[PDB]
Amino acid sequence: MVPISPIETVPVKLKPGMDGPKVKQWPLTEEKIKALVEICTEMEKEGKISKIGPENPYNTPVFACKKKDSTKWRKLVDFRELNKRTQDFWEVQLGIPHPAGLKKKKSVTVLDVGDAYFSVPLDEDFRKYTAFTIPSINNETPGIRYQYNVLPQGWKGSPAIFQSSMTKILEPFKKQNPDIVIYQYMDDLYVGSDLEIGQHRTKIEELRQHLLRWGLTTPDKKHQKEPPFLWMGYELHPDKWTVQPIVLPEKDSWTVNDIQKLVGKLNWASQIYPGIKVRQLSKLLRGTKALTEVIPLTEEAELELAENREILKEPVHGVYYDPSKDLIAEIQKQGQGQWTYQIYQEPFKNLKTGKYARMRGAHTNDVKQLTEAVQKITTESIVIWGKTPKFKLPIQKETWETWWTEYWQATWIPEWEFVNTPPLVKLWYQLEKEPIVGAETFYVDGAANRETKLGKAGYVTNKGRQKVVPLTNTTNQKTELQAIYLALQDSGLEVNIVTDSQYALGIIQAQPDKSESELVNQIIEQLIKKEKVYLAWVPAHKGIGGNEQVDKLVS
Amino acid sequence: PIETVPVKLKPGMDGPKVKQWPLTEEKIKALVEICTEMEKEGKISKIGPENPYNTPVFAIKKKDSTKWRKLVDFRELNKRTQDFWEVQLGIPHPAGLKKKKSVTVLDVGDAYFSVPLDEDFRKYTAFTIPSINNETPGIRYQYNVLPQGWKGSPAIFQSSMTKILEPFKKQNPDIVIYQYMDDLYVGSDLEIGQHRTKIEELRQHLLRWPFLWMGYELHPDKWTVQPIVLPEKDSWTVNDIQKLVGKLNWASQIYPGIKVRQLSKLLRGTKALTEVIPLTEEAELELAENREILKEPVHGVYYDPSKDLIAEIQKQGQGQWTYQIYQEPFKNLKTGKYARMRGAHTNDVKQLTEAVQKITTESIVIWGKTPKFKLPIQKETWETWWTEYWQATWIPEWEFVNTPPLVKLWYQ
DNA sequence: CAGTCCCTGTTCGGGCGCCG
DNA sequence: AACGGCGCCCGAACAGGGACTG
Ligand SMILES: Cc1cn([C@H]2C=C[C@@H](COP(=O)(O)OP(=O)(O)OP(=O)(O)O)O2)c(=O)[nH]c1=O
Ligand SMILES: [Mg+2]
Ligand SMILES: [Mg+2]
């Protein structure tokens, strides 16, 4: 006979054709034994745990661990076998609140519900599926077995049920206090208002008693009444916010798991510290699949790590969001496919910063990557503020106009202005739209053998110029690119080039300025040196002009 | 007092589990206001996390409308109940709708809110309203009545809709009425004054039983086709003939009688691209014969009702967009071109959004289906902006391609 | 006409950061 | 040695299309 809590239960079923968990216990140290017998006894008197008998043919092991800078212990059941047989839940936690999205509030209070999962009941017809024995002695007393009447910590349904139950309890209070903002993340509650400090504590006490009607306690241990508030890992001040102090490890020998933690902290730090790079550091995490393997820091990864530590020396901070002012996002190019940006409303008062250094595609250019950075910032800004910022981009209006009007795919950038801060983003060469009068016409072609990997590449021109080059360990695609490279090498500043390679033509028409292929990079270097290049395509094996002639040479 | 029509998913398929995407502030505020009224009216009910199903939701504004409209992306749920709205209670498509001089599209989705939904099926209509900056967890609902944007809604309401439209169809035997998704397609050969008058009479028939006041007008008899055309120059260069032979060779995949023998003979040698080549007597004859074949219709090209429609779009530049609708490759059921749409010369995504909406509308009128689109855009670019410009109550299937223009086939 | 190859793309799962 | 959420950078497995070979 256990009392039913005021919180409405959540009906939880299991996957059909499957039963409950039946896993043997895990032999643990005697320290854990004296840290859980006192818990199952206190929760039994408080109605959070009931005792069962032999009529419950289930069992589940459970260990424990300490807490964050505290003296209390955390009981974490290992429901990994129950989760495989429990129904799937749709998570209502859609993201992480960011302090740059918080608005200015005169009074702020941060709460923390004590015994979050232990104050929300479990489904009545589901408590039987949570059985676990507790031996008092490691090899003497068989131990009386208990069950769960609340949400166990470790079950895959506990977070979703708590977040949904907490919302239903706050819904009536929020309807009675519309001007009060309540950021609800797991058990921690951020409460803000523009009321006076005196009147603010009044509504806080009203909220603490409102939650008390459902068994939710807000103890004074984690009650925050004055800044700086520790919320979501940030330091919240009345007019600014900053990330809690980030410590980067400094080992004399670096392995693989150390860099994974190093790049991780730098990604977390890049949200407010401008100019953080992790290209050369993450470049060390390629190929090697041994987490305990020492990796020496390259000269590029060492200079990259040194410049990041100097950025973290000076303390930085972000501001809060003012809906009366516009959102501005300014991007800079950091080189080597690295981009950094800042989002602000007043100049030099950054709401947050960030980086975009993703390299997608074997061949690309700075205009494509700038477009991708703008999209990443737009989606991020809609998550945090629900609107798109005005952009300040280091690209001329004429440059962008030339790119998007001529590109064959649809592409677009929202309302933006040019900011003249080098290095500017430009197109390094422009293919002609019409053949060039007076320029030598190169008919290029390349063929390779699938078996021997041997091939030829060459050209034939209208002035009688000709070349064939034998190639070893190549492909048809490589010889087609090589043939174009030969035509660019052996031509003047203006050249018409005729190929039958859809592969090669498609790469060059997208005006790439960088490539994972050394051959394409060499082609790009030649295209920049030229003054006019006209690429034309013809179908192969159709007896078309010089394409038929150069086809005989390379095949 | 209405028995709920039992609805079952297709055998071997579970409900939709699609994540909600971020919404702007004005859209969240609109959806919160809309859902509060619908909940007060019992059309939707709040649910918990024990419902593992979810469908994205956002809001749109129709053309020349300042009123927000809730729009659910039921695309996943629709193709998991395909044996219902196509096999059990299907809606016949009239072949005369595309022949009418004027066709008005009326939003009738609000009528579906009067029919209850099968209790065993309401869990599949779950959607989640997001919050800005993740202030609060998602606010989940499920539908208690027939939802807008679900293909099962017009199928179940069809028995009710027939009785309402029965007096009007008897009063006007020449008017063709077609129902697709939340819309009603009313076509007539009457004059513009007579048509709009008869449309208002039909609105009054529905009133005696929030977007009924709108009426998007169409003219399928004015819909044009964009055939493959060949350039006509006074002088031809080597480069001109190379592009021509390249175009005709690709065109031979559609018209098998196209020849390029006499035109390829003009390019014998290794000539400069800009060298002018005079067309021979046989080349004039062969090019003239090819221009006539491009006017002749393609052999064995007809619509198969059991096959999906496919739409390809090409960005031609300068506000020009070409498209082809087909079921089998090189068997195009329709080819067209759009020019000077909204966003021309400034926004590719808005134009592409407009083009997709136009093509889909034509496919509903002509065949009663929505095509699967092959969009010439990067996935991340489309998924960032398309909802900002969407003005339709349905959403077609799409995929993303990247085809560099080797030959300008559909627009010289 | 199939069956490969070459090349490039997306999907996903795990590594890490961070929150509870 | 647990659960859920988001982000990044990584690689393996997979799909898809031109082009060559039997
Ligand atoms: C930190 C943490 C938390 N949780 C779940 C359990 C309760 C809520 C909040 O945890 P908590 O605030 O740190 O402890 P809590 O149970 O609320 O008890 P108190 O310390 O607040 O008194 O999230 C979890 O399952 N694993 C974890 O590692
Ligand atoms: Mg707590
Ligand atoms: Mg070739």
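So that the names make sense, note that chain A is the first sequence line, chain B the second, and so on, each numbered from 1. Every number for a ligand or one of its atoms is a count from 1 in the order of the listing.
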Out of curiosity, which chain makes more contacts with ligand 1 than the others? Name from the PDB entry, please.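 Most contacts: HIV-1 reverse transcriptase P66 subunit.
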Discussion item. Hey, which drug is sitting at ligand 1?
Written reply: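 PDB records name it d4T-TP.
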Next on the checklist: I'm curious which other chains sit close to d4T-TP, say any heavy atom under 4.0 Å. Can you tell me?
Outcome noted: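 Other chains in heavy-atom contact: A, C, D.
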Original post:
Which residues of other chains have a non-hydrogen atom closer than 4.0 Å to d4T-TP?
Top reply: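 With heavy atoms under 4.0 Å, it is A:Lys67, A:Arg74, A:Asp112, A:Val113, A:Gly114, A:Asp115, A:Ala116, A:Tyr117, A:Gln153, A:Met186, A:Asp187, A:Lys222, C:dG20, D:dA2, D:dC3.
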Please could you name the atoms of d4T-TP that A:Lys67 approaches to less than 4.0 Å, counting only its heavy atoms?
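Near A:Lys67, meaning under 4.0 Å from one of its heavy atoms, d4T-TP has 18 (O), 19 (P), 20 (O).
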Counting from 1, what d4T-TP atoms have a heavy atom of A:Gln153 closer than 4.0 Å?
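Heavy-atom distances to A:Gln153 below 4.0 Å select 6 (C), 16 (O).
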Ligands or ions near d4T-TP (under 4.0 Å)
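I find these: ligand 2 (magnesium ion).
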query: N/O of A:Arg74 under 3.5 Å from N/O of d4T-TP, yes or no?
result: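 Such a contact does occur with d4T-TP.
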Within a distance under 4.0 Å of any heavy atom of A:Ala116, pick out the atoms of d4T-TP and give their elements.
->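 Those qualifying, in numeric order: 7 (C), 8 (C), 16 (O), 17 (O).
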Before signing off on this row, confirm whether A:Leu76 and d4T-TP have an N or O atom pair separated by under 3.5 Å.
->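 No; the residue has no nitrogen or oxygen that sits under 3.5 Å from a nitrogen or oxygen of the ligand.
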**Asked** For d4T-TP, which atoms, with element, lie under 4.0 Å from some heavy atom of A:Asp112?
**Response**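 Matching atoms, with element in brackets: 12 (O), 21 (O).
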- May I ask you to list the atoms of d4T-TP that are less than 4.0 angstrom from any heavy atom of A:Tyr117?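 Counting atoms of d4T-TP from 1, those under 4.0 Å from A:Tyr117 are 5 (C), 6 (C), 23 (O), 25 (O).
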d4T-TP atoms in contact with A:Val113 (distance to a heavy atom under 4.0 Å):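 With A:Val113 as reference, the close atoms of d4T-TP come out as 17 (O), 21 (O).
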